[PDB]
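The next PDB entry has bortezomib among its components.
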Amino acid sequence: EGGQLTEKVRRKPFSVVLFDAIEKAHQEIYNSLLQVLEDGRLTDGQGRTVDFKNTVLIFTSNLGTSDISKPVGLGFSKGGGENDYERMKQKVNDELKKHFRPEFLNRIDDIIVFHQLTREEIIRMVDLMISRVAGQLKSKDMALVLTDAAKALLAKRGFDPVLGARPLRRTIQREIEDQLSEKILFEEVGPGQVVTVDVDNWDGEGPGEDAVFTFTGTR
Amino acid sequence: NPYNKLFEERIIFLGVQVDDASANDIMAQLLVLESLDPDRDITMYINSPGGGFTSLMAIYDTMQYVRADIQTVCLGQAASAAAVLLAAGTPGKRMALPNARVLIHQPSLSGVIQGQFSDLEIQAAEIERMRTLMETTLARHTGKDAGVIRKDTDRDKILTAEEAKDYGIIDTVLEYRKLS
Amino acid sequence: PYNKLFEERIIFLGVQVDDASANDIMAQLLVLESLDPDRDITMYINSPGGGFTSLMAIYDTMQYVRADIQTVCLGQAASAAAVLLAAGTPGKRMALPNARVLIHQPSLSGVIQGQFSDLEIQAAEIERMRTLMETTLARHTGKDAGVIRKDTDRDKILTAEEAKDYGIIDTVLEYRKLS
Amino acid sequence: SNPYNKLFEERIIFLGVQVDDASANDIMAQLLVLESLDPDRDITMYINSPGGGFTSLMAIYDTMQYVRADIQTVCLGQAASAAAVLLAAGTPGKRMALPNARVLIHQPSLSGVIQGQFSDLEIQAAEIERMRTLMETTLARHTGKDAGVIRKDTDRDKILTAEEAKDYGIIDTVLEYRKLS
Amino acid sequence: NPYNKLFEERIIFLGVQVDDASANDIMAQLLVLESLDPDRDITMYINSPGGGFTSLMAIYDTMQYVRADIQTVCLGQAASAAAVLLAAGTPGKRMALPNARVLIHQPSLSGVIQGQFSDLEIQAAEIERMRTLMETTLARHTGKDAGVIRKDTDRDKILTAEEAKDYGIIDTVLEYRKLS
Amino acid sequence: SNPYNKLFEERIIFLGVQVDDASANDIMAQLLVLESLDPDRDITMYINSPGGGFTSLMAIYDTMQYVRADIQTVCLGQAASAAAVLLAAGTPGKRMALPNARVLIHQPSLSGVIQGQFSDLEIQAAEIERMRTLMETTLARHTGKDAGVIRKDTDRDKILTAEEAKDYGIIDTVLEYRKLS
Amino acid sequence: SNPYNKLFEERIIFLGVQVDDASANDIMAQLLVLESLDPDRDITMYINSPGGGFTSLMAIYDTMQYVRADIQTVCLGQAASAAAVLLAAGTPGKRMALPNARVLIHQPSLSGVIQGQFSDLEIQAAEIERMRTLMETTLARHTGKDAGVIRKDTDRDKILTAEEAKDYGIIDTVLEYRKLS
Ligand SMILES: CC(C)C[C@H](NC(=O)[C@H](Cc1ccccc1)NC(=O)c1cnccn1)B(O)O
Ligand SMILES: CC(C)C[C@H](NC(=O)[C@H](Cc1ccccc1)NC(=O)c1cnccn1)B(O)O
Ligand SMILES: CC(C)C[C@H](NC(=O)[C@H](Cc1ccccc1)NC(=O)c1cnccn1)B(O)O
Ligand SMILES: CC(C)C[C@H](NC(=O)[C@H](Cc1ccccc1)NC(=O)c1cnccn1)B(O)O
Ligand SMILES: CC(C)C[C@H](NC(=O)[C@H](Cc1ccccc1)NC(=O)c1cnccn1)B(O)O
Ligand SMILES: CC(C)C[C@H](NC(=O)[C@H](Cc1ccccc1)NC(=O)c1cnccn1)B(O)O
């Protein structure tokens with residue numbers, strides 16, 4: 001066997017190769033991948049050079065945020081909201097230079113430090129994650145409407161400014177799905193139209209942690 | 001050290017005369033504990049005789065700057081600057097032990113500073129700026145009117161902990177966990 | 001040898017009660033509360049006392065902790081240290097047989113100057129310090145505070161056998177070997 | 001590790017004490033090490049100093065101007081005499097101060113009397129005017145003032161609150177608290 | 001240290017002026033060696049000029065408290081407070097080197113203590129209580145009658161080791177292991 | 001590690017303090033260790049000293065002339081008396097100074113009065129003229145002056161700015177900042 | 001490791017300070033350890049001392065004469081009385097000095113007045129003449145002089161330059177620099 005990476009790229013030369021959690025590799029596995037970046041070569045153990053010249057090599061790192069994420073920085077400083085992203089970029093790009101040899105980072109075409117998800121983007125993540133839930137209820141002869149007051153309540157309770165959209169995935173799981181999964185098993189919301197309106201309405205503003213979703217099916 | 005065990009559980013410790021040496025230590029301690037846990041409360045133990053106004057406002061601004069709420073605890077004495085730092089904790093916090101001695105009084109000059117009357121007009125405009133700032137600071141932390149603070153800190157105002165709670169310096173007098 | 005004493009939960013007063021010594025003992029009392037809150041802290045007292053806010057810093061902390069405080073007077077408990085000696089738990093508070101317990105009213109070390117309005121307050125405080133020293137030494141000795149005021153009018157040196165009769169200590173500590 | 005070592009690990013030098021030959025030599029050692037560690041990441045300078053010392057000032061001043069790292073000066077409770085010049089000596093767009101910091105600018109002095117012949121004292125006075133003019137020239141290109149305004153203002157002790165040291169040009173922003181408390 | 005090797009072989013070491021610093025060290029040393037071996041004898045080396053009565057009776061009571069017998073050894077000097085600690089060892093023990101200088105004398109006040117005559121009536125009733133206790137302590141350890149101790153410690157009574165054995169301060173004058 | 005230890009690891013000795021018997025003995029120990037580590041790599045000498053001491057001067061002076069490593073002297077805020085001679089004592093093509101450094105050259109003095117018979121004082125004065133002539137001879141082959149010019153200039157305190165200590169020959173270049181700031 | 005520890009590792013004892021009971025006891029401990037480490041490899045002695053102390057002199061003197069290792073004395077900036085005797089006390093064919101070292105020989109003195117009866121002072125003067133004669137006898141078999149020449153020359157302070165301490169016999173060679181600089 002020629003290795004997991006060298007075969008999958010030799011079968012599909014035009015690929016996107018994701019090296020997920022790249023800082024969790026040993027530091028001597030980057031040195032195998034140095035000439036993948038610069039020459040498009042990775043000669044396998046059998047000796048066949050594999051073409052990486054048509055791949056999109058994506059490395060994914062949490063370096064410089066596997067801690068700095070926590071708000072506030074050691075000491076005094078101006079601004080927050082867009083200077084904590086410049087604090088993010090300086091922290092991340094220094095953790096990359098600390099962790100990687102400078103000839104690895106020299107060979108990367110673009111290092112993109114990612115933004116924390118803003119409150120307006122977590123609202124649009126709700127549209128994207130209910131669509132996974134509603135897409136599963138299509139297979140059950142159901143539909144899932146999610147009212148716009150219920151989009152806002154998921155968006156507040158799912159917004160962590162330092163994790164983003166994975167806490168929202170938990171809130172949609174805890175509040176929509178885990179409540180909707182028993183309603184399917186009660187057969188109280190079988191093949192119909194689950195509307196999911198908010199009730200306490202959380203006044204649409206302020207905290208809404210006394211508010212609750214209600215699931216009713218019609219048609 | 002036992003102090004290192006206190007700092008590991010996020011307790012800064014004033015302890016000594018508030019001067020440039022002591023203020024610089026506490027600000028270093030406040031910012032490290034902000035960096036370790038910015039959401040977990042820093043506790044501040046105060047057994048200080050006070051003194052020093054810029055050393056006060058160095059500690060004061062830093063414990064107001066940090067994201068962590070400051071739980072000030074007066075041990076035996078919170079005199080002068082120490083009493084302003086005692087009121088400088090978070091509301092719903094600011095304990096004091098039942099026989100603590102809170103002492104508020106107006107700023108002074110330790111010893112005479114000489115000079116021309118134009119030099120002394122400025123050293124007196126500063127000691128009134130220091131006095132007004134000490135009364136403005138001790139007004140939004142005690143709920144008083146600053147003019148009441150000026151009338152009360154006209155002399156030494158020694159407060160027992162039970163009447164530093166009525167004054168607004170502290171919020172609760174700290175009950176003992178065992179009677180003993 | 002002090003670290004071996006602190007490992008077996010013995011804080012050690014030893015020196016002049018001041019802001020340096022009170023801050024050490026309060027750090028020692030709270031660490032031993034965190035290590036074992038149910039096992040008794042022992043306090044060895046060989047101090048000449050002094051300092052009232054340093055007294056009431058140590059006093060409140062040894063009253064605050066959940067661990068009962070076993071005070072032991074070594075050779076001397078004077079001024080602030082005799083109040084800390086009485087500040088231990090009842091059924092505890094030992095003293096060695098030739099210990100010297102010295103209770104007396106608070107003083108000002110040296111003269112503090114000022115206007116008579118400044119000195120009216122420094123005297124209302126030294127009477128508040130005196131009344132607090134007599135109130136503290138009344139619920140720990142069982143006396144009536146007015147008896148404490150009449151007795152601490154001057155230096156009242158107590159032998160350990162008559163500091164037990166006074167209520168400062170509860171037992172005079174018998175030797176384990178005759179020698 | 002000391003809490004100061006944790007500050008220096010996150011690239012915060014700390015003035016703290018009286019600016020003298022001992023304190024200036026420490027800060028210059030701290031400024032050059034942090035230039036060697038990261039020359040592109042900003043050194044932060046915390047200032048709680050009563051100042052004093054002009055050659056110790058200009059030793060710290062030239063070093064924090066020499067290093068490639070931008071200096072973020074932060075006044076803690078006090079920047080007096082030489083320390084207020086070091087506070088203005090930070091990078092523009094930086095130079096914070098806490099809201100109750102006390103910036104004190106005044107002309108150079110001689111601590112105590114220095115004796116000598118009048119030819120010796122003509123030179124010790126030409127130097128204290130060279131020290132004065134340099135202190136006003138330095139505090140002019142960092143505050144945007146005209147040196148003659150600095151000379152009229154540092155004629156006596158000029159105590160600046162942080163909100164009016166920002167209007168003076170000593171600092172650029174008064175440092176808002178992260179929590180209200 | 002060479003002192004640590006002595007303490008490892010259970011030798012506490014007086015050495016210095018008996019004060020609050022020195023008494024607190026020796027009591028810490030006496031109790032650790034009681035905890036290590038309560039049945040093996042603690043040896044006490046005394047080269048002290050004495051001084052301090054409550055520091056004396058702090059050391060005295062502790063070396064009487066511990067279960068381990070105390071072997072006191074006078075090195076060059078046991079002068080008041082330290083001569084009482086020298087007699088405070090166990091009978092059948094209490095050595096002294098042949099040119100040791102045992103000095104017993106009544107308690108004194110180092111310097112004048114001022115006060116009202118009611119204050120000084122008590123500071124004198126205490127220095128007589130200190131004197132009587134010093135003579136009572138040095139009577140059950142020397143076999144004398146306290147009144148003989150009072151007549152002998154009226155002034156400085158310097159004892160050679162050969163006549164501190166006749167006095168009852170020590171029990172044997174310590175013979176050299178090599179003649180040299 | 002101290003920040004001074006990081007400087008010494010990169011071969012920077014540091015004068016810093018009053019040139020006395022304690023400070024001269026440290027620097028000579030530092031100069032000889034760095035000669036033994038790399039005899040061909042340049043020792044850098046940072047000078048923020050008020051000077052003083054002539055035999056402590058000539059102890060440092062002879063050692064930094066003895067070692068095979070070229071000495072790069074850098075004046076930080078001050079090179080006074082014994083320290084300005086050590087500043088000129090670096091290698092030609094070297095001897096930097098920061099732009100607001102204060103080079104102070106003056107003739108040797110006696111700190112306080114030394115008593116004695118006039119035969120004792122004839123010798124303590126023949127020595128202070130031997131110290132003066134040696135200070136002017138040393139500061140002549142390192143500045144290119146004629147010693148008699150050094151004697152006329154160090155008659156009093158001659159404070160040199162770094163830009164005019166370069167014209168004097170004390171230093172060879174005024175040290176440009178790496179960042180404008 | 002200190003820079004002094006690196007010098008002592010390469011068998012360089014270091015006088016450095018005022019010759020007193022503290023400094024003599026250190027050097028004798030250093031001389032005997034280096035005799036025990038290598039008795040055949042030369043101990044080097046660096047001397048920057050102002051001297052003082054005659055029994056502290058003769059404690060160092062006898063120990064550096066006792067050890068089997070030859071002593072290479074090197075004068076750094078100063079060898080005053082006591083230290084100049086220790087400088088001459090090195091081995092012949094050794095005893096360097098740096099070119100601007102200041103060798104100062106003079107007769108023993110009493111620092112301050114010692115009181116007493118005239119029978120007490122007859123003995124304190126017979127001792128200071130025994131100290132003087134011993135200082136001149138010691139400095140005669142190490143310089144090749146006649147002691148009476150040493151007595152006439154150390155009548156007052158005799159400051160020797162290193163080039164004329166070689167002509168005097170205190171040192172044997174004036175130490176050439178390894179780099180010109
Ligand atoms: C909180 C206020 C009342 C401060 C109190 N103490 C002061 O006023 C202190 C005492 C002091 C210390 C040094 C020099 C002059 C004066 N005031 C100052 O710090 C001070 C400093 N410079 C000028 C004017 N006042 B207190 O003792 O902390
Ligand atoms: C148990 C109580 C009485 C403690 C007593 N302590 C005192 O008398 C001490 C003596 C002292 C020390 C420093 C400055 C002024 C006075 N009292 C005080 O601590 C004190 C402090 N400030 C004002 C008034 N008294 B002890 O001496 O009897
Ligand atoms: C920002 C500038 C003005 C720094 C000022 N520093 C001084 O006034 C200090 C005070 C001082 C210290 C020691 C010896 C003599 C004088 N000025 C000097 O450092 C100094 C040193 N030598 C000659 C003249 N001035 B500060 O006090 O305003
Ligand atoms: C065995 C007895 C006599 C001890 C002797 N020591 C003393 O006399 C010492 C000398 C002294 C020391 C401090 C303050 C006042 C007096 N006595 C005391 O310790 C003392 C202390 N307070 C009141 C009265 N005496 B002896 O000189 O060592
Ligand atoms: C050394 C040259 C550069 C000129 C200056 N030297 C001095 O003034 C110093 C000041 C001083 C120090 C100690 C004892 C007496 C005098 N001169 C000497 O080092 C000195 C030492 N012994 C005798 C004569 N002069 B400068 O360093 O202060
Ligand atoms: C001449 C040589 C031997 C040394 C020179 N002078 C001495 O001999 C020294 C000078 C001195 C130093 C300190 C204290 C008292 C006296 N002589 C003595 O040490 C000395 C000691 N006791 C009695 C008499 N002279 B020089 O000062 O070291």
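We name chains A, B, ... by the order of the sequence lines, and we start the count at 1 in each one. Order of appearance sets the numbers: ligands from 1, and atoms from 1 within every ligand. Excerpt of entry shown; contacts counted in excerpt. The figures here come from the full heavy-atom set of this structure, side chains too, leaving out hydrogens, waters and symmetry mates.
- In this structure, the main binding partner of bortezomib (ligand 4), as named in UniProt, is ATP-dependent Clp protease proteolytic subunit 2.
- Other chains with a heavy-atom distance under 4.0 Å to bortezomib (ligand 4) are given as E.
- Counting heavy atoms closer than 4.0 Å to bortezomib (ligand 4), residue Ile104(E) contributes nothing at all.
- Bortezomib (ligand 4) has an N or O atom lying under 3.5 Å from an N or O atom of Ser80(E), backbone or side chain.
- Heavy atoms of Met130(E) found under 4.0 angstrom from bortezomib (ligand 4) belong exclusively to the side chain.
- Neither the backbone nor the side chain of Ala83(E) has a heavy atom within less than 4.0 Å of bortezomib (ligand 4).
- For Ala79(E), the closest heavy-atom approach to bortezomib (ligand 4) falls below 4.0 Å.
- With a heavy-atom cut-off of 4.0 Å, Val84(E) touches bortezomib (ligand 4) through its side chain alone.
- At a heavy-atom cutoff of 4.0 Å, bortezomib (ligand 4) is contacted by the side chain of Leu56(E) but not by its backbone.
- At a 4.0 Å cut-off, at least one heavy atom of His105(E) sits close enough to bortezomib (ligand 4) to count as contact.
- For a threshold of 3.5 Å applied to N or O pairs, the pair formed by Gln106(E) and bortezomib (ligand 4) contains no separation below that value.
- The list of other ligands and ions under 4.0 Å from bortezomib (ligand 4) is empty.
- Binding site of bortezomib (ligand 4) at 4.0 Å, heavy atoms: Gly50(E), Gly51(E), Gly52(E), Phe53(E), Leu56(E), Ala79(E), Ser80(E), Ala81(E), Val84(E), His105(E), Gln106(E), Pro107(E), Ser108(E), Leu109(E), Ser110(E), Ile127(E), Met130(E), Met134(E).
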